[PDB]
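The following structure holds quinupristin.
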Amino acid sequence: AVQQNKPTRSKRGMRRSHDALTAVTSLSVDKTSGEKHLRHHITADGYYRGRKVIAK
Amino acid sequence: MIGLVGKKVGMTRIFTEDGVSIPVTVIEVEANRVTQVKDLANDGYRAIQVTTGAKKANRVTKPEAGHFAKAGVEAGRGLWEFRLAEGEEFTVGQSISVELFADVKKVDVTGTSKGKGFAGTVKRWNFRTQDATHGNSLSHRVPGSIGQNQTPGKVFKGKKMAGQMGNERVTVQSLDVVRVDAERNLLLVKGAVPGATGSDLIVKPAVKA
Amino acid sequence: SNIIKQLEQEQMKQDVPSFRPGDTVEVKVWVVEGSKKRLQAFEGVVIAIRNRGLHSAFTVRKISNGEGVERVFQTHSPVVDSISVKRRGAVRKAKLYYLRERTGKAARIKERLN
Amino acid sequence: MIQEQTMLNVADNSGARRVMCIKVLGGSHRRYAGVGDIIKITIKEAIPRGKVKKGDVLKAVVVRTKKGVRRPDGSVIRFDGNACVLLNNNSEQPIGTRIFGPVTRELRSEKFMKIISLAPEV
Amino acid sequence: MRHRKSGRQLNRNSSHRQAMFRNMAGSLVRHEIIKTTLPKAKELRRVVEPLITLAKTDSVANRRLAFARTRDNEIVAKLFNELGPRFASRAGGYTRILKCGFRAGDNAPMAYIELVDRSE
Amino acid sequence: XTXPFXX
RNA sequence: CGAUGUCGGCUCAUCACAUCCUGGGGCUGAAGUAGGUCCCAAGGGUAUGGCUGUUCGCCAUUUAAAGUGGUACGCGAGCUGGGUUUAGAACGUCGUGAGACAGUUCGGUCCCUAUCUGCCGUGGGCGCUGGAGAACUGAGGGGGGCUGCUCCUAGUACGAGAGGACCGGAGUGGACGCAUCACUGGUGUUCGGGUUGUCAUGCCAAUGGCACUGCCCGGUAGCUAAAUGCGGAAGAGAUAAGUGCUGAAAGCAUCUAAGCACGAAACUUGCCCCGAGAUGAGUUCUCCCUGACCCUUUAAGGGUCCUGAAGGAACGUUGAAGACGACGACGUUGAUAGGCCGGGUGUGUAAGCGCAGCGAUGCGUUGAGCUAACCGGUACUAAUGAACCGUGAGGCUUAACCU
RNA sequence: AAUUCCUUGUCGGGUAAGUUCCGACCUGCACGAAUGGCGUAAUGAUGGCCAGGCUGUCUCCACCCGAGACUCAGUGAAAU
RNA sequence: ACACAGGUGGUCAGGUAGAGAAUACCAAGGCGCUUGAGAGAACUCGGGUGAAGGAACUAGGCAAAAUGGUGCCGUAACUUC
RNA sequence: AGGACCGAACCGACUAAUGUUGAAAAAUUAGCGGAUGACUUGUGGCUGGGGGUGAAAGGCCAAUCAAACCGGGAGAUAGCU
Ligand SMILES: [Mg+2]
Ligand SMILES: [Mg+2]
Ligand SMILES: [Mg+2]
Ligand SMILES: [Mg+2]
Ligand SMILES: [Mg+2]
Ligand SMILES: [Mg+2]
Ligand SMILES: [Mg+2]
Ligand SMILES: [Mg+2]
Ligand SMILES: [Mg+2]
Ligand SMILES: [Mg+2]
Ligand SMILES: [Mg+2]
Ligand SMILES: [Mg+2]
Ligand SMILES: [Mg+2]
Ligand SMILES: [Mg+2]
Ligand SMILES: [Mg+2]
Ligand SMILES: [Mg+2]
Ligand SMILES: [Mg+2]
Ligand SMILES: [Mg+2]
Ligand SMILES: [Mg+2]
Ligand SMILES: [Mg+2]
Ligand SMILES: [Mg+2]
Ligand SMILES: [Mg+2]
Ligand SMILES: [Mg+2]
Ligand SMILES: [Mg+2]
Ligand SMILES: [Mg+2]
Ligand SMILES: [Mg+2]
Ligand SMILES: [Mg+2]
Ligand SMILES: [Mg+2]
Ligand SMILES: [Mg+2]
Ligand SMILES: [Mg+2]
Ligand SMILES: [Mg+2]
Ligand SMILES: [Mg+2]
Ligand SMILES: [Mg+2]
Ligand SMILES: [Mg+2]
Ligand SMILES: [Mg+2]
Ligand SMILES: [Mg+2]
Ligand SMILES: [Mg+2]
Ligand SMILES: [Mg+2]
Ligand SMILES: [Mg+2]
Ligand SMILES: [Mg+2]
Ligand SMILES: [Mg+2]
Ligand SMILES: [Mg+2]
Ligand SMILES: [Mg+2]
Ligand SMILES: [Mg+2]
Ligand SMILES: [Mg+2]
Ligand SMILES: [Mg+2]
Ligand SMILES: [Mg+2]
Ligand SMILES: [Mg+2]
Ligand SMILES: [Mg+2]
Ligand SMILES: [Mg+2]
Ligand SMILES: [Mg+2]
Ligand SMILES: [Mg+2]
């Protein structure tokens with residue numbers, strides 16, 4: 001099954017009406033190191049909720 | 001008359017003196033509490049609205065809490081209405097126990113049927129299956145043809161097709177009330193009722209004779 | 001479920017004697033013979049026990065006039081007046097479904113005795 | 001749970017030995033006979049000087065099945081094989097005169113009282 | 001269709017799962033902390049904790065069993081000798097997960113899973 | 001050329 | 001004719017009614033039972049097999065009935081490919097022959113990832129005039145609508161007798177539909193056990209890997225039908241054919257012209273589901289927001305500063321919710337998930353040790369050991385205050401109250 | 001009848017029922033003797049027919065283990 | 001045409017089990033096949049199990065299921081023996 | 001002894017499903033026939049286009065064949081589109 005007419009550029013546009021990404025708004029900052037990090041995730045230097053977890 | 005809101009506990013059985021096993025659904029019916037009356041003057045129809053159970057205060061909202069507060073009953077897991085019937089009369093804050101049913105004899109029991117997800121034609125509509133064998137190519141559970149030819153030249157609305165099945169409102173009519181025990185918040189009705197254990201049920205006295 | 005336990009065990013028998021698959025039991029069952037209620041005996045080998053509280057049940061197999069008759073009792077039905085152990089059987093297996101494929105002589109199971 | 005093509009043993013001195021069910025009477029599209037229902041059979045095997053010969057086509061009540069019978073309390077009576085008792089077409093009612101093997105009380109059925117009155121067990 | 005079913009299938013067949021988690025409970029135990037996808041990490045807790053639990057009672061049976069699962073004596077040595085008596089008095093939750101972002105090469109949700117004291 | 005398309 | 005593929009089958013259907021069954025009715029050469037014929041009626045229902053490619057037909061056996069038609073002789077981007085069916089081959093028949101048959105026979109490639117319409121599901125957006133959370137009313141829409149048999153009445157009415165009812169009531173079935181997992185069962189590659197071959201963990205003992213889960217015996221939770229519960233209705237309204245009352249036109253007669261009584265599974269209701277995007281955007285209850293400044297073509301104007309509630313949503317733990325979204329639960333003032341404790345359940349007496357035996361193996365400790373998704377508990381682990389979105393009292397007109 | 005139009009010929013057998021099968025008849029539309037006639041043990045991925053076992057072929061479908069389908073990331077077509 | 005599930009002659013032949021160069025498991029040796037991560041819908045593909053029934057399927061038992069070894073005993077018509 | 005039997009290699013290609021913008025311009029999987037013979041295979045040679053070769057299908061002669069491919073006559077001719 002293939003199209004009988006070439007869809008319109010407008011239609012392409014409408015089909016993509018919903019693929020905008022959503023930026024996060026959910027970063028937080030570790031109280032004890034001040035690195036940004038997703039909520040509920042650890043930081044790059046391995047801090048989580050202030051205590052230094054991990055250590056690598 | 002009015003009906004109560006309960007919870008589906010599970011099924012078991014009551015063995016009877018003369019060796020019958022009655023299969024029963026065990027429905028919890030905590031006191032229903034009237035959260036609002038409605039009348040002609042104010043609403044254009046008479047009915048009680050009721051709550052039951054309890055709700056984590058943190059998860060009660062400002063609006064909800066307002067509305068509850070007014071009737072002076074504590075929050076409950078939800079609200080449900082029952083159409084009053086010329087004669088029936090209640091007052092805000094009134095408490096209704098399962099003993100409402102200490103007779104009736106049969107009840108209609110509404111719940112939300114277990115959710116099967118995206119059902120295909122066979123399961124959802126009892127569509128009878130094509131050959132497993134004898135040449136059939138990729139077409140065993142598939143739904144067959146869905147129309148005629150140019151005439152319609154379309155598919156008719158209401159066509160039995162595959163889609164969500166389950167997880168919708170279902171009433172089951174005229175089940176024998178088996179037991180009513182308010183001290184224990186029990187309603188035993190004979191037979192299985194809609195919805196998985198745990199979910200809400202609406203028991204109204206059966207409408208059919 | 002805590003309620004349902006309450007409902008179920010207040011309906012359970014507190015005297016079901018002991019028996020295990022292999023044992024030969026005689027179940028005495030109430031029945032209406034025409035115009036008469038009356039106890040009636042069913043005796044055979046316990047080939048299976050379904051252990052579930054009020055819903056507990058057992059399948060008793062017996063060879064009546066030439067072929068098998070299995071009947072699954074519901075241990076707590078009033079219909080079941082009494083259960084009795086005529087002979088303690090020695091097997092190892094919870095479900096004795098294989099005795100079906102055995103006739104007369106192969107069917108026999110060692111006595112437990114102990 | 002007998003249906004078309006199902007083979008059954010005979011439970012009487014009718015002379016029939018193996019009958020095949022060619023019809024489940026009692027309802028349009030009705031698919032199974034059991035408990036104590038009335039099927040229509042042909043005869044695939046009969047003894048040499050019986051009251052029915054092979055090839056004969058009449059009816060028969062079913063009196064024993066592997067699927068068995070439930071009871072008001074939940075329990076089940078199962079049988080190792082499927083058995084019926086021949087009846088004659090324009091009368092139902094049993095051709096044989098003796099009955100073999102156990103039968104179940106479901107046969108209380110007025111017209112099958114004979115069958116219970118004969119017949120060893122239950 | 002899943003209703004009330006436990007157990008993640010990790011796009012694997014039964015044996016393979018079993019293999020892998022055997023190979024991974026051992027890892028976690030040895031190193032006391034490892035990094036893995038968040039899904040696996042969460043399953044791992046189901047395999048690895050009851051080994052610990054088992055180990056809180058030293059007997060021959062229990063070691064052999066802990067060898068049946070795991071099949072590595074170094075590891076069944078550590079449970080029992082170190083780990084069991086470490087968690088002697090704590091009722092489960094021997095393990096802990098720390099979500100830690102996203103795998104470059106495929107964007108898989110990663111996490112650390114660790115014994116609750118490490119020190120190592 | 002051999003009956004149905006295209007046997 | 002720069003391609004509109006086909007008989008039958010399978011699957012799925014949808015209309016017509018010249019109606020097969022069920023319902024109502026007139027006549028009958030209708031005693032009853034059972035028929036015949038016509039009128040009304042399309043709500044629902046309306047067979048499996050033997051043979052043949054068949055449709056059909058015949059035959060067997062059911063059934064209340066096995067309706068007749070339309071829909072590209074409905075339905076091949078849905079399947080099938082037996083019929084038809086190119087190329088191989090053969091018989092008969094024709095032809096000197098190549099060959100041919102609208103004769104027969106054996107064999108013989110069925111592609112297409114769905115843009116649009118349509119359809120089934122499920123979301124995102126905005127709107128409904130300040131914003132919000134709920135519970136609703138119910139315009140509209142959809143579903144459903146079948147029927148056997150037995151018993152009573154009554155062996156009565158009727159009938160010479162055989163036989164055998166109407167009206168009404170009571171049961172219990174067939175087929176169909178929905179729900180459910182309590183029971184009976186299926187499955188249960190996540191539970192337990194037995195066992196073959198081989199490799200390994202040094203060996204023994206004990207285990208593990210691989211061989212379809214190696215092959216098997218069982219089986220929890222869940223899912224599920226064959227399992228067990230419930231349904232079709234009664235009632236009401238207006239009618240069809242039809243039966244009539246009163247009654248003229250037409251001194252009589254006349255169901256009709258005025259007026260009045262009845263009358264069916266059809267219709268409108270009553271039952272179940274959806275349902276205010278019902279833009280004609282409805283009702284009710286509750287909740288939240290009470291700063292100023294500048295500019296322009298000065299108007300429902302544009303901007304800035306401060307503000308940022310109700311609520312939404314986010315993140316995490318998740319669910320008998322689920323393709324994804326969505327919906328529901330829970331986030332320490334906590335049982336949401338995992339673990340952990342106890343119980344249950346399943347399997348069916350582990351290991352080790354001891355005793356017996358030459359040994360295989362038995363017995364004791366022992367209904368042992370192990371035991372998933374189960375029940376009852378338990379903060380051990382993970383569910384961090386926060387962020388974002390949404391604002392800051394809400395147009396004009398008239399009316400009614402009101403100062 | 002690989003041959004028979006009429007034709008599912010007729011009769012018999014098998015089946016509850018058999019336009020096929022087998023045995024028969026002869027009215028051979030339109031068999032026939034190396035364009036070989038009729039038989040024929042064995043052989044056959046050869047055509048037709050019956051039966052035992054066997055079974056999810058089917059009544060009528062359920063559950064389960066896996067690869068796709070679905071979701072996230074990377075790459076990235078097609079016919080029209 | 002491709003780092004293509006195709007095609008391509010000869011030589012070598014370990015252990016256990018086995019008749020075997022079949023087959024299963026191994027040794028030496030060589031590999032996990034150049035997108036992965038999750039989900040656990042329909043439907044498709046490829047497998048396992050299935051109550052009662054048992055060819056009722058269908059043009060047709062198509063496809064499945066079933067049979068399956070060794071040694072003894074023992075095997076009908078018919079036959080060119 | 002045997003164009004002998006069963007069965008791997010090897011040769012083949014009866015059934016089905018898959019695939020059908022394939023992993024593949026004919027295959028994959030499960031089943032299947034031959035398998036000391038008119039067997040099967042490597043290397044090289046010979047036969048050439050109205051010609052070859054053919055246990056005969058109009059088969060095969062470089063993804064083709066009721067007359068190969070290449071270049072030429074050549075802008076064959078086309079009352080057709
Ligand atoms: Mg669900
Ligand atoms: Mg079918
Ligand atoms: Mg195909
Ligand atoms: Mg297929
Ligand atoms: Mg769970
Ligand atoms: Mg994947
Ligand atoms: Mg065109
Ligand atoms: Mg076209
Ligand atoms: Mg009409
Ligand atoms: Mg006429
Ligand atoms: Mg057509
Ligand atoms: Mg096609
Ligand atoms: Mg043909
Ligand atoms: Mg498609
Ligand atoms: Mg189960
Ligand atoms: Mg050993
Ligand atoms: Mg291995
Ligand atoms: Mg394996
Ligand atoms: Mg008059
Ligand atoms: Mg509603
Ligand atoms: Mg436990
Ligand atoms: Mg719990
Ligand atoms: Mg302001
Ligand atoms: Mg003949
Ligand atoms: Mg037949
Ligand atoms: Mg000739
Ligand atoms: Mg001559
Ligand atoms: Mg010849
Ligand atoms: Mg040959
Ligand atoms: Mg799957
Ligand atoms: Mg992608
Ligand atoms: Mg590669
Ligand atoms: Mg290659
Ligand atoms: Mg090999
Ligand atoms: Mg890899
Ligand atoms: Mg199987
Ligand atoms: Mg079965
Ligand atoms: Mg069986
Ligand atoms: Mg059989
Ligand atoms: Mg048929
Ligand atoms: Mg047939
Ligand atoms: Mg086959
Ligand atoms: Mg097979
Ligand atoms: Mg040979
Ligand atoms: Mg092959
Ligand atoms: Mg061979
Ligand atoms: Mg050569
Ligand atoms: Mg070629
Ligand atoms: Mg030429
Ligand atoms: Mg040329
Ligand atoms: Mg020239
Ligand atoms: Mg030219």
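Order of the sequence lines fixes the chain letters, A, B, ..., with proteins taken first and strands second; residue numbering starts at 1 for each chain. Modified residues are listed as parent or X, with no contacts credited to their extra atoms. Cropped entry; intra-crop contacts only.
- In this structure, the ligands or chains belonging to quinupristin are chain F.
- Measured by close contacts, the chief partner of quinupristin (chain F) is listed under the PDB entry as 23S rRNA.
- Lab note: other chains with heavy atoms under 4.5 Å from quinupristin (chain F) -> G.
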